[PDB]
Amino acid sequence: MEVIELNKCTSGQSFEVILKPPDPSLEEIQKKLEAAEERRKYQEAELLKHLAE
Amino acid sequence: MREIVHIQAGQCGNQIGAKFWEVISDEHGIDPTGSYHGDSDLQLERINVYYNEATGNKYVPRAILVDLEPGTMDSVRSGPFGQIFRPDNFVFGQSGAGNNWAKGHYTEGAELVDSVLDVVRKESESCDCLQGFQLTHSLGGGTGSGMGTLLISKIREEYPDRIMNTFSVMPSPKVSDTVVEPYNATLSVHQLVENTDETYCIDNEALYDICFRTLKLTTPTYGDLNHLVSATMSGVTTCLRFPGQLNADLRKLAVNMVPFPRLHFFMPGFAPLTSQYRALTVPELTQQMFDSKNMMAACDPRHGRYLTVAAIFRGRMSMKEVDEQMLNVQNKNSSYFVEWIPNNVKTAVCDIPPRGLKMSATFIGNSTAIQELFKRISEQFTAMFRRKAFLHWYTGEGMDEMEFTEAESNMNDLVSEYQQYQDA
Amino acid sequence: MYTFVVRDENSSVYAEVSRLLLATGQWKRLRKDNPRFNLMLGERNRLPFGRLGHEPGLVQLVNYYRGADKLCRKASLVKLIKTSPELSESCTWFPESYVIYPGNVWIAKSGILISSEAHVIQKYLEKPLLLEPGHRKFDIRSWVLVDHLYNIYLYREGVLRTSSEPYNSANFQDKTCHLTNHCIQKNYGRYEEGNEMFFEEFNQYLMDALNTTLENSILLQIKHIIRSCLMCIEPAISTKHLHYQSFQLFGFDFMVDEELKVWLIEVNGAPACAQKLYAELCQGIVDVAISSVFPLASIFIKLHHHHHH
Amino acid sequence: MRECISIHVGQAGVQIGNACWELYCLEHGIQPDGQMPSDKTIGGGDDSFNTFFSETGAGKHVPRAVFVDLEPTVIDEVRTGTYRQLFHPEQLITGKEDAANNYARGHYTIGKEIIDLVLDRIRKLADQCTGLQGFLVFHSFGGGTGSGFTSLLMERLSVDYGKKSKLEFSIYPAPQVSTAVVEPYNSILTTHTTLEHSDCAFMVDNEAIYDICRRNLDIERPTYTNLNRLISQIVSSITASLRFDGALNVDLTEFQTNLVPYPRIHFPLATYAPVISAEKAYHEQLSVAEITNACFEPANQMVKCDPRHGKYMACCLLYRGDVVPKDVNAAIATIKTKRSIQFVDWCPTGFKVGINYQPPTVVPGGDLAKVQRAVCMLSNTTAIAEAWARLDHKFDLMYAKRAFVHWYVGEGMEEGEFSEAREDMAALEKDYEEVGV
Ligand SMILES: Nc1nc2c(ncn2[C@@H]2O[C@H](COP(=O)(O)OP(=O)(O)OP(=O)(O)O)[C@@H](O)[C@H]2O)c(=O)[nH]1
Ligand SMILES: Nc1ncnc2c1ncn2[C@@H]1O[C@H](COP(=O)(O)OP(=O)(O)CP(=O)(O)O)[C@@H](O)[C@H]1O
Ligand SMILES: Nc1nc2c(ncn2[C@@H]2O[C@H](COP(=O)(O)OP(=O)(O)O)[C@@H](O)[C@H]2O)c(=O)[nH]1
Ligand SMILES: COc1cc([C@H]2C(C#N)=C(N)Oc3c2ccc(N)c3N)cc(Br)c1OC
Ligand SMILES: [Ca+2]
Ligand SMILES: [Mg+2]
Ligand SMILES: [Mg+2]
């Protein structure tokens with residue numbers, strides 16, 4: 001059990017102890033945010049069309 | 001998400017609608033002139049939900065009052081709280097609907113609907129954040145049923161993105177105005193399956209039975225039935241009306257209670273059933289609000305399973321004891337909830353009790369057992385419609401048989417859809 | 001009313017534990033996938049321990065100890081005994097066993113090869129103990145019940161699973177005299193019923209042919225080996241301070257050699273109770289492991305020995 | 001030094017935000033008006049605590065914080081509350097209509113119409129940074145805003161700040177303190193959509209915290225206030241290294257290096273001891289041995305799971321108070337023998353230790369007693385996968401019946417995004433099992 005890389009300062013200390021060794025673009029985001037508003041606006045169109053009937 | 005617009009349509013609509021404004025006005029400490037005289041600040045923190053603030057520091061219900069005949073609406077003005085309502089918000093015809101859905105929806109009602117919408121629009125315009133509408137009506141007559149559903153259709157066209165909530169009184173031969181009640185109710189349910197987010201099923205059969213059997217009133221009056229209705233309406237609106245830690249609204253009510261868009265018909269419950277001196281214990285409240293005898297819809301919840309449940313305890317009690325009692329039924333009667341909606345029961349507690357009572361509970365159940373209510377109206381419908389009996393009252397207003405077949409079919413469909421999820 | 005679920009069909013023992021539980025009037029069985037149970041009687045494989053102990057207002061028990069597989073597979077038992085200080089590589093009561101992956105007589109198993117030529121290779125017991133009249137081999141099976149406080153309960157009734165053929169030196173290939181299972185043996189029932197001698201008669205044979213008792217000659221060693229094994233893995237599998245609780249019935253398998261030394265052959269995680277005894281053992285499970293956690297409205301010897309050193 | 005921006009999203013995010021910044025101010029000697037008497041450099045500094053607070057000429061110390069809620073009632077209590085003078089109104093962003101517990105409505109609908117504004121207030125904070133490290137993001141899995149709006153921000157932060165580290169403090173939904181029935185749905189969706197965008201995520205199960213408050217603080221019915229004061233202590237332990245002098249976990253990069261070798265498996269288990277009631281009349285103070293041992297008791301974990309049944313990839317011990325290394329090693333020796341601490345073959349069985357000699361600060365009139373020494377353990381153990389399985393099973397019982405799906409589709413979201421999100425989570429459960437057995 002070996003205590004390595006010990007560092008001390010006035011606020012505390014730190015050390016390591018070893019027991020044993022061994023993203024889409026702006027385009028693509030604004031794209032799919034709009035494809036879902038187009039599905040959302042269609043659904044509201046289909047609703048108004050049905051209420052006209 | 002703050003302001004609610006309240007619409008009350010027809011005799012039943014305006015009667016239960018009147019009681020509700022008498023009851024909550026008294027809870028929020030508003031007097032028959034619209035002046036605050038309460039004590040608690042809790043009574044005003046969310047007053048905006050149901051009231052507009054006017055000149056002189058007056059509170060005006062966001063209430064619109066509709067009827068095709070002048071009678072019942074002169075009775076509301078005459079009645080105990082009649083002076084609180086904005087007078088421009090009374091809208092009424094002359095000829096009445098005579099228990100005729102077709103007249104409510106298609107002839108007499110058509111002429112009047114536009115001028116109600118204008119009052120609705122006026123209330124919607126001066127709303128900081130409208131959550132949507134609550135309508136009081138019966139399904140059994142002409143105006144509440146036929147014109148109420150016409151209004152719902154037209155409010156949805158103009159406000160597709162606001163929430164539509166109904167207190168819908170189902171008819172019963174035990175409280176019968178006319179033989180054509182199953183007709184007007186079947187046509188009205190078709191409208192409600194398509195165009196409401198939430199419907200409180202106030203079954204006149206249930207109110208009667210509670211008054212006869214479990215309250216020893218030999219001759220129940222509309223006054224007696226309405227006492228139970230106004231208690232339920234006070235209950236199910238408590239969290240919309242008072243802070244806090246739930247801070248509920250009509251959309252969150254809808255998202256949490258409705259797993260399938262068509263299955264939004266709620267079995268309301270109340271404990272203790274009154275017409276006391278001993279306050280109930282939390283276990284008593286709990287056992288009673290889950291009991292058949294306490295439901296405002298004549299359905300056996302043991303014939304069904306609960307999809308979702310909302311319970312609101314009022315008074316002073318340990319939330320610990322409420323929690324323990326609410327988990328006790330869930331863990332000892334798991335068969336009568338669906339295993340496939342985890343954590344489907346939600347409990348809320350408000351410190352302000354209703355007038356008279358020390359502690360009360362209100363139950364709201366989305367139970368598949370509501371099918372029994374629709375099947376019952378279907379059977380009363382089929383027994384007449386198979387001999388085309390009393391149709392001429394509807395054909396004489398321009399309706400076809402076809403539209404009756406369609407409403408029959410859509411209600412049998414709704415019953416199958418409830419059946420589907422009882423065996424799943 | 002408490003609640004339970006079943007997720008083990010083939011389980012004869014928890015078939016009976018289920019039956020005894022229902023017929024009490026204070027226990028409703030639910031459907032196999034219903035999450036609001038008090039007791040789970042869970043599947044042999046892939047039991048979902050991660051799901052237990054998270055249901056508010058419910059104390060949850062299950063009839064398996066998670067990680068008790070390490071004592072029940074042959075591959076891991078051997079590795080457990082070789083790599084545990086508390087059961088050393090030079091452990092007196094485990095037959096020398098080795099792991100190579102796919103008198104000098106051995107045996108391999110997980111089809112069973114016994115030769116000098118040719119999973120785990122194991123030192124085979126050339127001179128075992130033989131029941132006269134017969135000159136014939138057997139194996140002793142003890143039922144052990146570990147409860148939620150990690151009390152170790154031995155059931156006072158075990159059983160011998162006897163052969164019916166003279167054991168042979170030069171003849172290895174032959175499998176009815178060397179191997180003393182129950183399935184391979186069904187001279188079936190010539191000497192004793194179903195190849196199943198019990199503790200009263202085996203206590204008597206020993207007294208007459210060998211002058212000793214079962215308690216002294218064999219059962220002291222059994223109680224030591226059961227205790228050694230379950231106290232070894234107690235740190236890994238104990239559900240003390242855990243958010244759900246476990247019990248488990250185990251079946252331990254032993255051999256007796258000529259000089260009356262008791263060896264450990266296998267530990268059985270989902271064991272089959274002998275036909276006659278089911279009644280008594282399954283009532284015990286319920287009394288001790290279940291009613292202790294869920295009280296309603298001794299057939300076990302409890303294993304403990306604190307020697308001070 | 002290098003600046004860190006804290007983003008609090010939703011009610012959980014914001015109320016936990018308030019507790020953290022309350023504690024940071026007490027720890028650093030900053031008052032509610034934002035004056036720091038002990039600070040001698042006026043109008044500036046490259047001190048450690050400056051990573052979390054900016055400074056004005058008049059000598060105010062201002063959190064590098066953005067608070068976002070789609071509705072105003074909760075951030076309104078920040079605007080009108082004890083620490084109102086601390087924050088600049090531009091940092092406190094509110095809409096009007098909340099996501100009604102709907103991922104889709106927080107991401108797609110009400111999201112798209114407020115993202116561009118939040119990014120802008122975030123950018124004003126980035127522009128006051130000499131060398132921005134990245135972001136600490138506080139949110140629930142369960143709220144529509146916490147789930148849906150958070151996952152949208154993390155996509156737009158990845159695009160606008162490719163170089164910068166993103167850490168999460170995530171509240172995992174618990175039936176015991178729950179808002180909505182659709183929390184499982186919202187939890188899976190926001191995990192799927194945030195996975196590739198987050199470098200290290202600190203999950204707190206509301207169940208674990210609630211019980212720690214029942215068991216160790218003798219609170220019958222814990223409130224979000226009790227939960228948040230305890231969570232803020234764990235969060236402070238984890239961020240101490242960024243705000244104080246030391247050599248362990250000094251920048252956000254080191255959190256990933258030290259705690260996340262395998263990047264998808266980036267949910268470190270936090271364990272914390274001791275939690276002691278302030279009401280408690282008589283209390284015998286626990287030793288270094290006793291508190292280190294407490295780190296391997298599941299009852300003290302931020303998530304209930306069994307580290308004995310899984311493998312470690314990393315272990316960091318962060319001590320606060322009277323602690324010296326020899327006592328830490330003595331404690332580690334004792335516990336190695338007595339416990340089942342299996343690591344993976346391609347990792348060193350090793351503990352990284354950090355000590356800060358200042359004991360925990362407690363909030364005055366709080367529930368937590370002052371202690372001579374405390375520790376927070378950060379173990380990356382596969383045992384946390386137990387929390388994914390529990391959550392995924394709940395998703396499956398509701399999705400099998402398409403229950404409530406129509407609420408999400410009605411906002412422009414597709415059914416397929418559900419199966420997609422769930423397959424990703426099925427893969428993560430497999431990733432944990434290869435590594436873990
Ligand atoms: N620990 C803790 N959990 C909280 C707190 N507030 C909410 N939660 C949890 O967060 C989930 C609900 O999400 P919220 O943060 O309230 O929702 P929101 O992000 O404001 O989203 P919407 O209101 O749905 O628009 C549930 O699991 C709650 O238990 C809090 O202050 N502390
Ligand atoms: N080293 C050894 N020496 C002598 N006999 C041995 C032995 N190893 C195994 N056997 C014999 O073979 C049988 C071994 O069965 P084993 O325990 O391998 O599998 P199994 O499936 O029968 C478990 P169980 O019997 O508990 O259901 C025993 O009856 C035993 O007599
Ligand atoms: N509960 C209750 N039911 C009513 C009341 N008034 C009428 N009803 C019922 O409502 C139906 C008749 O509808 P009504 O409202 O009078 O018709 P409309 O005025 O033409 O809309 C029947 O089922 C009646 O029993 C009432 O005040 N309370
Ligand atoms: C308990 O009373 C009400 C509950 C709800 C509704 C809701 C709100 N607001 C919350 N957030 O969640 C649920 C809700 C309903 C059922 C369940 N199962 C849950 N989880 C709305 C209202 Br209004 C309530 O009072 C009537
Ligand atoms: Ca400075
Ligand atoms: Mg009438
Ligand atoms: Mg919110």
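Chain naming here is simple, since letters A, B, ... match the order of the sequence lines and numbering starts at 1 in each. Every number for a ligand or one of its atoms is a count from 1 in the order of the listing. All heavy atoms count here, side chains included; hydrogens, waters and symmetry mates do not. The structure shown is a partial extract from the entry, and contact counts are restricted to the extract.
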Novice: Help me out - what's the drug at ligand 4 named?
Specialist: crolibulin
Novice: Supply the name from UniProt of whichever chain has more contacts with crolibulin than any other.
Specialist: Tubulin beta-2B chain
Novice: Mind listing the other chains that have a non-hydrogen atom under 4.0 Å from crolibulin?
Specialist: B, D
Novice: What's the entry got as the organism for chain B?
Specialist: Bos taurus
Novice: Which UniProt-annotated Mg(2+)-binding residues in chain B have heavy atoms closer to crolibulin than 4.0 Å?
Specialist: none
Novice: Among all the protein's non-hydrogen atoms, which is closest to atom 19 (C) of crolibulin, and how far away is it?
Specialist: B:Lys346 CB, 3.2 Å
Novice: What label does the PDB record give chain D?
Specialist: Tubulin alpha-1B chain
Novice: With a 4.0 Å cut-off on heavy atoms, does B:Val309 reach crolibulin?
Specialist: yes
Novice: Starting from atom 3 (C) of crolibulin, find the nearest protein heavy-atom neighbour and note its residue, name and distance.
Specialist: B:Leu246 CD1, 3.5 Å
Novice: Give the residue and atom name of whichever protein heavy atom lies nearest to atom 13 (C) of crolibulin, and the separation in Å to one decimal.
Specialist: B:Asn256 CB, 3.3 Å
Novice: Using distance alone, decide if crolibulin has a nitrogen or oxygen within less than 3.5 Å of any nitrogen or oxygen in B:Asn344.
Specialist: yes
Novice: What residue and heavy atom of the protein are closest to atom 12 (O) of crolibulin, and at what distance?
Specialist: D:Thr179 O, 3.0 Å
Novice: If you take the residues UniProt annotates as binding GTP in chain B, which of them have a heavy atom under 4.0 Å from crolibulin?
Specialist: none
Novice: For B:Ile312 and crolibulin, answer yes if some heavy atom of the residue is under 4.0 Å from a ligand atom, otherwise no.
Specialist: no
Novice: Within 4.0 Å of crolibulin, heavy atoms only, which residues of other chains turn up?
Specialist: B:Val236, B:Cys239, B:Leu240, B:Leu246, B:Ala248, B:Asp249, B:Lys252, B:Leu253, B:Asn256, B:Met257, B:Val309, B:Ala310, B:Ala311, B:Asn344, B:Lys346, B:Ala348, B:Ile364, D:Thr179, D:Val181
